[PDB]
Enquirer: 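I have a structure I would like to understand better, so I am pasting it below and will then ask my questions one at a time.
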Amino acid sequence: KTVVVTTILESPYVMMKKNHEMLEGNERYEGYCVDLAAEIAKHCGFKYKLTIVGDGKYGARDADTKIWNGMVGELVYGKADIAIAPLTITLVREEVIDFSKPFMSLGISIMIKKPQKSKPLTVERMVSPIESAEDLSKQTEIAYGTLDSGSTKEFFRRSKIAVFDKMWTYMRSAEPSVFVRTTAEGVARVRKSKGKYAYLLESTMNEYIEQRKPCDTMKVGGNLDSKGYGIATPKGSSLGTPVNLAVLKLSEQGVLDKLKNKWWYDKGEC
Amino acid sequence: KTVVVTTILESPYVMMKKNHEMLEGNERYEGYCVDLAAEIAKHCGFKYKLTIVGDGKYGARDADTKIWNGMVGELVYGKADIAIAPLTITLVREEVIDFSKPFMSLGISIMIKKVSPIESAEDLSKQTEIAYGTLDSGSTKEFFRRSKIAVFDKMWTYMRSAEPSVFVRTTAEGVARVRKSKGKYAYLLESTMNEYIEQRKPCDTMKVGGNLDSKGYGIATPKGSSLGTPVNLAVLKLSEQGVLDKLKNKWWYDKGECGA
Amino acid sequence: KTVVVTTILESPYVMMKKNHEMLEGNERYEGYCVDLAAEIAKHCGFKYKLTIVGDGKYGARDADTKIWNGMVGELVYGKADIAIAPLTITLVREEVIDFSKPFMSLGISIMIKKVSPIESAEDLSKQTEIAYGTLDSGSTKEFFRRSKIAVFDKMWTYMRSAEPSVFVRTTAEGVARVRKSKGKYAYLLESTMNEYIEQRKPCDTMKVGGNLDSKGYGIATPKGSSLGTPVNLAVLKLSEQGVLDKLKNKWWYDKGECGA
Amino acid sequence: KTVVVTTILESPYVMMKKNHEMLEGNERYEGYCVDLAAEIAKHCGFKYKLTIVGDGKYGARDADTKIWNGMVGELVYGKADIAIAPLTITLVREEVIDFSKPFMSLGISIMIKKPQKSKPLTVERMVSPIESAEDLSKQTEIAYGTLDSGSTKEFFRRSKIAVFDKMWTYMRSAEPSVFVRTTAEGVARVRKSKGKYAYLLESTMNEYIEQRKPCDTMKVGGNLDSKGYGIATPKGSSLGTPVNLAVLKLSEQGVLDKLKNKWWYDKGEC
Ligand SMILES: NS(=O)(=O)c1cc2c(cc1Cl)N[C@H]([C@H]1C[C@H]3C=C[C@@H]1C3)NS2(=O)=O
Ligand SMILES: NS(=O)(=O)c1cc2c(cc1Cl)N[C@H]([C@H]1C[C@H]3C=C[C@@H]1C3)NS2(=O)=O
Ligand SMILES: NS(=O)(=O)c1cc2c(cc1Cl)N[C@H]([C@H]1C[C@H]3C=C[C@@H]1C3)NS2(=O)=O
Ligand SMILES: NS(=O)(=O)c1cc2c(cc1Cl)N[C@H]([C@H]1C[C@H]3C=C[C@@H]1C3)NS2(=O)=O
Ligand SMILES: N[C@@H](CCC(=O)O)C(=O)O
Ligand SMILES: N[C@@H](CCC(=O)O)C(=O)O
Ligand SMILES: N[C@@H](CCC(=O)O)C(=O)O
Ligand SMILES: N[C@@H](CCC(=O)O)C(=O)O
């Protein structure tokens, strides 16, 4: 029996190959997550089929409707067996699905358009109007937002820290809406907003986008928190312990480090 | 029913208080792990008693004996109910005990005395002038022993065949040996311990290069115990509430007895 | 019995003089390989005739047909008696023809137009901005095809799946493509050819990095022929007498039509 | 049946391990040649034993008696089957034994004691009294010699080049004898002669000795010629073709390059 591996289209985790029109099956996709699935299969023998989540969402719970959407919803309602995707381990998600040990460490970072070089002996220096989350919250000329139906938005919603609470209070009543539907949409907003929009995304995606052309964006400050990506399985499933053991084996063998190096830094430019 | 909490004396995780002679119970202990244990107990809602492991070892399996020692042995053999200590999450340990989600990130680092010719670990393995060792009965030693990476294979080949014994009994003794080696001995240890040592007086040791790999400390529970899910949710809630970051800042950088 | 010698038009190995239209026989050819063939004939004591291979290919076997072309094909199928030419000694060729001892050392080198950002082979593979190719039906292409090293595997994967065809038909064609690419294309060729090109006008190309590997040119002879031992002894005698070094200096640095 | 592999005690080709007193068999020795023999065995399956030539000589054709000695001699007379050792491919040797493709390139170089750095804005410069071979031949205040019963001595003996002929003419009638019995003896002579002795050895050994402590010797100029080391085998033997094919396989596979890098440059003490 073949199990369903749900995932989301997000570079560099899951990207379509250039010649993907003539290919079929799992060979159309490429990235970190497809290699992770291949290594998981190598550890524990099973047949898997790569599928993309229908709504293109990571997962969230509506307050009034109380139905999980995205990959978490797909896993909860039995439409998938395992989610090998950049899914953030959160307390609310852990109560409805099973998470393995983290395979990648990350944190919430800020993305802004890279400032032009300041000419004024004849040294060149780069100065950005945002240096930390606190000054980003204090100012009001640059709008900021997160990804809709994501872990960062829920983190800001349920944060009792004064700075993060202030940012959330600004976000919930910002006209026009500062929330985006996709990471690429947020990066496009940052690029075309001429320095008047800051995107709050994970540090891994931020660094990856900064490492590729045209590299007109930069990451400012440090990470707002420390989290991780976990492989998710439904509650009471027989694939949880083998997946956790496989992740631990890959971590000890150094496969994860080599995968990160070959998918993030060996493919950068500029 | 009071829950026995095994732990090890390792700064800044667990320390003996200055007036611990005139104190009883858990009130004679201080550190990151003490506050973490207090918050875990508050979240779960149980009474706990802090106990120090009889042998100052984290845990390992002896060859041709298959007997666990340290806090891992204290857990597999029913002598303890939970282990709130800087216990590295490893593949070998996870097959006998239940680990929660990591609460602190870390990695293997190199500590030398205060140009830094050694720099990275590859250059350290490329030079026989400087000796390097690890802590015995620890995750770093097992990581080096089982490593299939070529560089780490050469490092393990050196350590296993070296006279005198390049391994050390305790982390404090290892950093002392580094201090008194006049730049001839290098210590391999956890990144958090290295940072804590290098931020303290006399600040005669420094950390060179990045982390060799990345692991985490987890709260360990006996396999099949009923405390695994509650402590896992407690760790997740503490991480999302910013408590773990504030505790690390309090016990690593708030004091800062050095100029940096 | 006149011995048919097959060779390829490559500089400075074989050239068609300047007034070849008014010359017949071997007198219309010049170069390192012509002098080497003259020395080999003088040592062994046989009359020889220089012929140019019909197709300007060094030699390879095509998949699903198992037919050799070029000088290797000229030797395996009995069309030639000996091959004095810059023929790289390779494992696949050695199983079908007899190679003598190498008479010239060489290696695979990278060249671009006139500090180079490309630097070594690893950085060249990493930077997708610059395209790199290889001569068709040569030993470099087969070296990259059969290579199991990861970096060379990436290079070969790029070359096979490249649009337009990153390969070239002749060495001069690749030289011209590098010259007219304005620093966008890099050529992968032999070290000796690279040095000869870079030491000639207009001196717009330079060799970067070191040598990817180390190989040698050998005098090829049909398998199980009576000429193998005499030509091997002749090559050894020429090497010990310093004739090969003298010829290389004459044809590589004596002229030197460049600013260096 | 197990064949006999004859070797020479030369570093870093064949070296004894520190704990070689309690070891037996092929595990006693270490170096480049033992790994070469192991790879040859892996390519073509056979059982081999490592022996050291009795007289400790590479091989030379003794005049008058016309009897070969050393590794070449013991290969000719049947007491050895294959010589995996730094044996130079020469015309005289090729006529009595078989030689494979060269597995390592080399040349004749000059070894002199490293001079002290010159005191003279405040830059420090290194100046040596010998820069090439012809100036070494011209002067007479510095003695120089080669290895007895070696390939370099034979090369100088039959060389018709004017400068090499002049060096040979000086060498044959030099008292006390400038020739040494072992490479280590010549290096000791260079070190203890306080700049009044130059040792002519192969470039590989010269570089290896340069890279190790106390590194008080240096190589001046360039190689006098271009040669190579071959895997010798008796004339009309069945092991010549498999040995040649294995050498080609190792060269194309990159094994030889990594072996040479690990033995010569990885263990650099200076
Ligand atoms: N450098 S990285 O982000 O690619 C990365 C991050 C991590 C890795 C491995 C790598 Cl390569 N393994 C750890 C795992 C190992 C054991 C301890 C924590 C989990 C279980 N999680 S992690 O700390 O999130
Ligand atoms: N900054 S730190 O080292 O004290 C640190 C490190 C980590 C924290 C929290 C903190 Cl404060 N939480 C994560 C946990 C949270 C959820 C996602 C990964 C695990 C489960 N583990 S971690 O990445 O090892
Ligand atoms: N200096 S050079 O490249 O023209 C050159 C290169 C080489 C020469 C001679 C010269 Cl002049 N001879 C050797 C041969 C001689 C004997 C030892 C190795 C082979 C057999 N091959 S080589 O190392 O490929
Ligand atoms: N760089 S090195 O001296 O260790 C070295 C030197 C040589 C190598 C391989 C290496 Cl790694 N292979 C060549 C061989 C390969 C094929 C072409 C010439 C011989 C047959 N001989 S070589 O040119 O003498
Ligand atoms: N990785 C997040 C989504 C990305 C983001 O919110 O920035 C998740 O799994 O929910
Ligand atoms: N904290 C580690 C020990 C430190 C070390 O490996 O030196 C463990 O629990 O195994
Ligand atoms: N001279 C080489 C061809 C050069 C190349 O590989 O580009 C040969 O004989 O195969
Ligand atoms: N390699 C040489 C010996 C060393 C030398 O003469 O310098 C030989 O095989 O004879």
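Going down the sequence lines, the chains are called A, B, C, and so on. Residue numbering in chain A adheres to the PDB entry, whereby the residues present occupy positions 393-512, 624-773 in order. We're sticking with the PDB entry numbering for chain B, so the shown stretch reads 393-506, 630-775, in order. Just so it is clear, chain C uses the PDB entry numbers, and the residues here are 393-506, 630-775, in order. Shown for chain D, in order and in the PDB entry numbering: 393-512, 624-773. Counting starts at 1 for both ligands and their atoms, following the listed order. Header lists the method as electron microscopy, 2.8 Å.
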Enquirer: So what drug did they put at ligand 1?
Expert: cyclothiazide
Enquirer: Write down the name, per UniProt, of the macromolecule bound to cyclothiazide (ligand 1) with the most contacts.
Expert: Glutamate receptor 2
Enquirer: Provide the letters of the other chains having heavy-atom distances to cyclothiazide (ligand 1) under 4.0 Å.
Expert: A, B
Enquirer: Can you check which residues touch cyclothiazide (ligand 1) if I set the heavy-atom cut-off to 4.0 Å?
Expert: A/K493, A/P494, A/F495, A/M496, A/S497, A/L751, A/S754, A/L759, A/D760, A/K763, B/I481, B/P494, B/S729, B/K730, B/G731
Enquirer: Test your reading of the structure: does A/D760 have an N or O sitting under 3.5 Å from an N or O of cyclothiazide (ligand 1)?
Expert: no
Enquirer: I need the atoms of cyclothiazide (ligand 1) closer than 4.0 Å to a non-hydrogen atom of A/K493, numbered in the order shown.
Expert: 19 (C), 20 (C)
Enquirer: What atoms of cyclothiazide (ligand 1) come within less than 4.0 Å of a heavy atom belonging to B/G731?
Expert: 17 (C), 18 (C)
Enquirer: In terms of atom number and element, which parts of cyclothiazide (ligand 1) are under 4.0 angstrom from non-hydrogen atoms of A/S497?
Expert: 3 (O), 6 (C), 24 (O)
Enquirer: Report yes if B/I481 has an N/O atom closer than 3.5 Å to an N/O atom of cyclothiazide (ligand 1); otherwise report no.
Expert: no
Enquirer: Which atoms of cyclothiazide (ligand 1) have any heavy atom of A/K763 under 4.0 Å away?
Expert: 4 (O)
